[PDB]
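Protein chains get the first letters and strands the later ones, always in sequence-line order, with residue 1 at the start of each. Contacts here are counted within a displayed part of the entry, not across the full deposit. Atoms within each ligand, like the ligands themselves, are counted from 1 in listed order. Keep in mind that the numbers below use all heavy atoms, side chains included, and drop hydrogens, waters and symmetry copies. If you check the header, you will see the structure was determined by X-ray crystallography, 3.1 Å.
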Amino acid sequence: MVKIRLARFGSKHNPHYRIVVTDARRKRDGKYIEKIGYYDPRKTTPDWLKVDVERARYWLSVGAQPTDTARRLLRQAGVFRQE
Amino acid sequence: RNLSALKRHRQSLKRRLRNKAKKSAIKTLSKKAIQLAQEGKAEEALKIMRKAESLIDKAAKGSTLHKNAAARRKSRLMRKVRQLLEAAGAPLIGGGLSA
Amino acid sequence: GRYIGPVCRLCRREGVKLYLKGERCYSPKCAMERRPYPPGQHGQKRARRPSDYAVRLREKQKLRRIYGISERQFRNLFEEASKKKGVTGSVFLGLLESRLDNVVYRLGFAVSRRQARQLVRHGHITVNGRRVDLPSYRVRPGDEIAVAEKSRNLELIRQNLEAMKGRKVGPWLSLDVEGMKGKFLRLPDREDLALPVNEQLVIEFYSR
Amino acid sequence: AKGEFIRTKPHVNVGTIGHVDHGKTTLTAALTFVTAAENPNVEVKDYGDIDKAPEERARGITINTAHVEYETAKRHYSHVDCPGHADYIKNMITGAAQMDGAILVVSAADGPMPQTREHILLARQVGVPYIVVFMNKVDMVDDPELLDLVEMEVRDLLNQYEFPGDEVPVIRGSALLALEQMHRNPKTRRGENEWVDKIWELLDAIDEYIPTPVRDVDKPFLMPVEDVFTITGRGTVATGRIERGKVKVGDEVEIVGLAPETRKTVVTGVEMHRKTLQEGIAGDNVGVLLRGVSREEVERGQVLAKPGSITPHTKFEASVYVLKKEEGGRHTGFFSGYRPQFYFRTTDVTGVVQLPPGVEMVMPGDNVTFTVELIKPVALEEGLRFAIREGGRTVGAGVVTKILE
RNA sequence: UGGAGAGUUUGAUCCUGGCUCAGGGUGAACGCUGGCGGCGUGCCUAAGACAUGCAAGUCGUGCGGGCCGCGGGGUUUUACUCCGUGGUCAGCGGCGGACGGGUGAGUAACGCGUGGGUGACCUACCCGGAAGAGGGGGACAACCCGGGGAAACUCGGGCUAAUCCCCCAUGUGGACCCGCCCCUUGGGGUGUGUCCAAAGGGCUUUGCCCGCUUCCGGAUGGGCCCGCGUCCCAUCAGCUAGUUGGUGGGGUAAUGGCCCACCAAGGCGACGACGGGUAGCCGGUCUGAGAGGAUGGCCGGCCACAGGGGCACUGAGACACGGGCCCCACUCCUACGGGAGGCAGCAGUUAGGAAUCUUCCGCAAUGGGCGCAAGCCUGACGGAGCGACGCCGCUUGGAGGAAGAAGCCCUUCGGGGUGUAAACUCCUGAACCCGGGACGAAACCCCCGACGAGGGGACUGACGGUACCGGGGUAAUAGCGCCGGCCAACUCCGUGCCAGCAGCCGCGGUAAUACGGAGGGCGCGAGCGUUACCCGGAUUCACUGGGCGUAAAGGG
RNA sequence: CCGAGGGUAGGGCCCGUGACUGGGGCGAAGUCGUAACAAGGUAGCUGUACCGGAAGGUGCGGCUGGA
RNA sequence: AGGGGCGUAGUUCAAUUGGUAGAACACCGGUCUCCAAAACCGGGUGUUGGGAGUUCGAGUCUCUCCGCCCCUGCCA
Ligand SMILES: NC[C@@H]1O[C@H](O[C@H]2[C@@H](O)[C@H](O[C@@H]3[C@@H](O)[C@H](N)C[C@H](N)[C@H]3O[C@H]3O[C@H](CO)[C@@H](O)[C@H](O)[C@H]3N)O[C@@H]2CO)[C@H](N)[C@@H](O)[C@@H]1O
Ligand SMILES: Nc1nc2c(ncn2[C@@H]2O[C@H](COP(=O)(O)OP(=O)(O)CP(=O)(O)O)[C@@H](O)[C@H]2O)c(=O)[nH]1
Ligand SMILES: [Mg+2]
Ligand SMILES: [Zn+2]
């Protein structure tokens, strides 16, 4: 099904994942459905994880299934927070 | 040398053997039905038809035939059995085919 | 890598007294100040008329040798000057100037650019606190270039610094002779640099 | 499904020489069957597969030095089986240039023959310290005191080229019979069957007398190549007998001698009679799978030393002794334009004889300081040992006294 | 924000015109030379043949057993060997093996690209809504006995469990025939008749968690169809029988000649049909002032293929790379009746070629499959290795240092050059030595709290003892091409239309800046040259932007 | 029935090759003559036809790019 | 690795009873010329594949070795 995961980018020894909704069957760094964020596991800049909530939520509310390490990130940007 | 993917093979022959029969049945049972519908045997006609519409629709529950396939056979068994019971038929036993 | 070899010989060939040693090159012997002709078995014989190509080749070699850069870097740098907005004739020099090991030279930390390099190469210099050993490093405006602590007590860091007493650095650099610092205030303008080179021609050599 | 070599006892290479049709091979296959029963780790070979090369087989004779592995609860051996005849001498000489000890083989019925001589002569010039005789073909006509005359004249031959002939252990018996019963007697120890016990007199006779030479694995490394094979899916394998030091999988090594410039590689594997050796040591008889090199680059005669130790050199001024005609050497003299065939380790590259100033001639005996330039750059060191053949008879022997380039 | 020309036909000139040079680009190869690091990148040929190992499994929270070791001894002991509960080997059953990885052989095609159509359709797993989950019956492996077989393994008889199959019931609903309404190619509401549902499993047990069944909505992924675009040859000009259309059937998820009977005679073509040749197509790549021209290797997308040729089965999906069946070639086994294999998956061999790599390390991260989960599988992948193949950064030193060693080379014998170059004096500190030492890894999971939001806590590093950092510390690689003009750079000697050079024009016939060497010089520098290929200059196929009286060119 | 493949027969296109044979391009200083360039010593050239060791000659018509 | 062939001036080739090696064309030298071509004079110019062997004396007969072609081998 449609998932929310990390698609790698950047250089060797310089991981730079892009947060993306995409059919599970697509290869990793292949073509996706929509881009919703990026995550630098090495945090270099007070900007190491942006995530569009509105959209992240749309997808979730339709079937999109996050990865464990993709939920943590989503969450960290406060996707689930309702109050 | 070999892989536990033969399980999938063996497994298959059976299922093959399975719906193969569920399929033969529907062919034969639906022939006999129209053969008797063209002849005029209105009663023993629907008697059989209505009994095939059964075997057919069951194929759909499984992995033999399915959905629109199953439905297709029907709309050509009733749409058929009816265009035969006109040869001076008057569907006495309105068993399955509604008037 | 960096040429390495007879230098006042280049000083000669080009004709224009080039400054590739700093010290002695002000002495009564830059060689140019002693035998102002091209090196080699000929050098002092009727100079034929130079093809527009010679004129351009020579004017480029002049500029380039004045920095101790390789063709690969020099050109590659020029090509970038082309793309950036503004008269590339200028920008180019601005980039050649913004080079690190050069600014170390443009600040007195070293008498000659060859020396400036080795200095930069061996840690001896520091940009904005952290130490750089990349001669090629491009100093950006407002940045601070300075001698690293482990170096201040060195025979050399001293003297070259001892000379900056009463002297003034190029109108685009600031200097704290007392604490071996110095800022790269502004990107030098074609004017500010009194170079014996017609950058206009260097641009022509690289077109056709 | 290859198995790891379990180095228990010490390894010594013994070869088998002697004239033609005198049992060299069978006696070899014998040691296989004999030493078999009384211990595993041997793998039986027969008169057939010892000589698996078509013709060699179909035609009758032995054409390529074999290479067999058999042990004793005392000492592990590697048996290099040379061919008789002449012609192939270039293959016995290469087999001999290895073997620590030579199991000479003479025949009761024939006695010491022309090749029996030369072989012994080559052994005295190859460097095979220690020989053992084995009179075969004894099971012939009751010779009350005839087979005795053999051991009287064979010893004369050995003590005729600087060999402990009078001491040399001359066992007696037949290999065929010995073999024959064993052939149809797989399992069965000694101290039982007649002739089989005649083989052991030889085997043991080897565990004794014959040494197990001063060996070292502290100096660099070196390995003269005897042959090269292409092992399917694996690559180019080069065999030989190690000289100094050791070698394990993953090590750098250079192929030195007989080419333009030497190629360095990385060993990809080592073995010993198809046994995955973990680390072959000096004196070991190995096989080396050389990383990504082709059978067109490795060649019998070059070395496999450690990178930086011993380069290839063409010209070499080296002191040398010349065998006199009585020694079966030269019966004349050569000019400063003489071109003989030297033999460095397992290879023979022809060189020139640019003789020094004032030596307008050189005849039998003698030994001066003459220079020489080889036509093929060969791996040379300081004091390397070499001989000098030509025409079909050794003519000298000396060592590098100095190196030109 | 963008446009440079030069050499060469003549005694000389202008024009025409071809050749050639100066720029840039490459999966390169070859020669000489070669120190370090990082990021890239590396069979262009035989879609040749390939030893070996490994690349797809996973669930006991679906089911029954085989085996090994513990709880209580069924009985009082071993007996009709029953449970409690984690390891093990298949079986049965589920979901995945259709994706991930490989390749470009084939393909001129709706294959691809682009924009649309589907009232002509399908979609496992995943979300959201509604309704259920009631009863019954049976088989087949596993295992035991017998028989055949060298082996790969197959046949007879006998039980056995399930979320396996089968049958009835309920029918929120759904399917099918005929009729009406609305709409308008098969869509939406509706009526009578007929037909179709399902499985338990684990617990912390009238309740949760996980499955199950049918139906609607949604996502994602797809099938089909249509407009337009997509190379050369016209010395390929006519082509076509399922051929074009119809009616009615079969087939499919679905339209359709897709397949078949029947009827008719059509359909197509100079706007290039038919045929032949070549070729995977695009995003993009290179070049160009641009318009153009060339190109399709890394990576991304689509197609096609999996020894060669065909086929169907299972399945949401394949007519299926590590599934099946047949044929072919080929290689291999045999106990001679039958068995075995397919690296265009990874690593690797060999053959071919001018030429293209490790039988590496690790699931730590990211992604995937199965699973309640722990976690197992993952040659995807993350890494390391080899090659100056490429781009980028770095070193071989820095400052002094003579009207100026020597050696070598010119010399109007007075002198000149190599040249501050060297030596030499200090100065620094590649290497090497010793020491600390990573980021990439927070969550699956546990805990306060509703397994909610939110908070706190714990494990996990292949690369690596590497990067990066600090202390001490040695001057410690240089080559290659070129110097007649174009084109930066000249002298001597040797040679004597010889030897030889040569991109074009040309050099060499006894004073050769052109050959060979030497000195000197120019260019570039861990590289420099050579060959090959594309664009440019070339307005030299001219749309931008050409021409045809005599230069090629007006048709009799 | 269809149907991969195999067989028998007859065609079509292509790559390679063949005794012999035709002309062509190219190669400092070999042989014959002398067609053209100046009425080039017979104005030249041209289509066609015949003839000749070779250039070429002749016929008929045409051209001027001859006087 | 084991068999079998082949190596004569510059180029094609002849002398093998064992006897310095010629024949043609090249080629070099000289005269004439700026230099060749022609002409005229004059010179075999060779590593008989290399090195040894036997021999009074080897192109030949032995042998060893180098390069090339041909066939057969060759899994640690
Ligand atoms: N390429 C020439 C073509 O053939 C012919 O010409 C060919 C021959 O007739 C002509 O021969 C000439 C000869 O005429 C003249 N009187 C003497 C001259 N030595 C020869 O020369 C010819 O032969 C010698 C060898 O002998 C070669 O070295 C030379 O290169 C070659 N042209 O040489 C030509 C071959 O190159 C046509 N006449 C000509 O128009 C045509 O284009
Ligand atoms: N009488 C007898 N004949 C024997 C003996 N040993 C061997 N042979 C014979 O010799 C034959 C082959 O001998 P082999 O061992 O190959 O000889 P070789 O020593 O290898 C000779 P080369 O190696 O040179 O070919 C045997 O088949 C047999 O007839 C023995 O002890 N006595
Ligand atoms: Mg033998
Ligand atoms: Zn100077």
Checklist entry - Counting heavy-atom pairs under 4.5 Å, which macromolecule has the most such pairs with ligand 1, as named in the PDB entry? => result 16S rrna
Next on the checklist: Just wondering what drug sits at ligand 1.
Outcome noted: paromomycin
Next on the checklist: Could you check which other chains have a non-hydrogen atom under 4.0 Å from paromomycin?
Outcome noted: F
Checklist entry - Which residues does the binding site of paromomycin contain at 4.0 Å, with heavy atoms considered? => result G25(F), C26(F), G27(F), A28(F), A29(F), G30(F), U31(F)
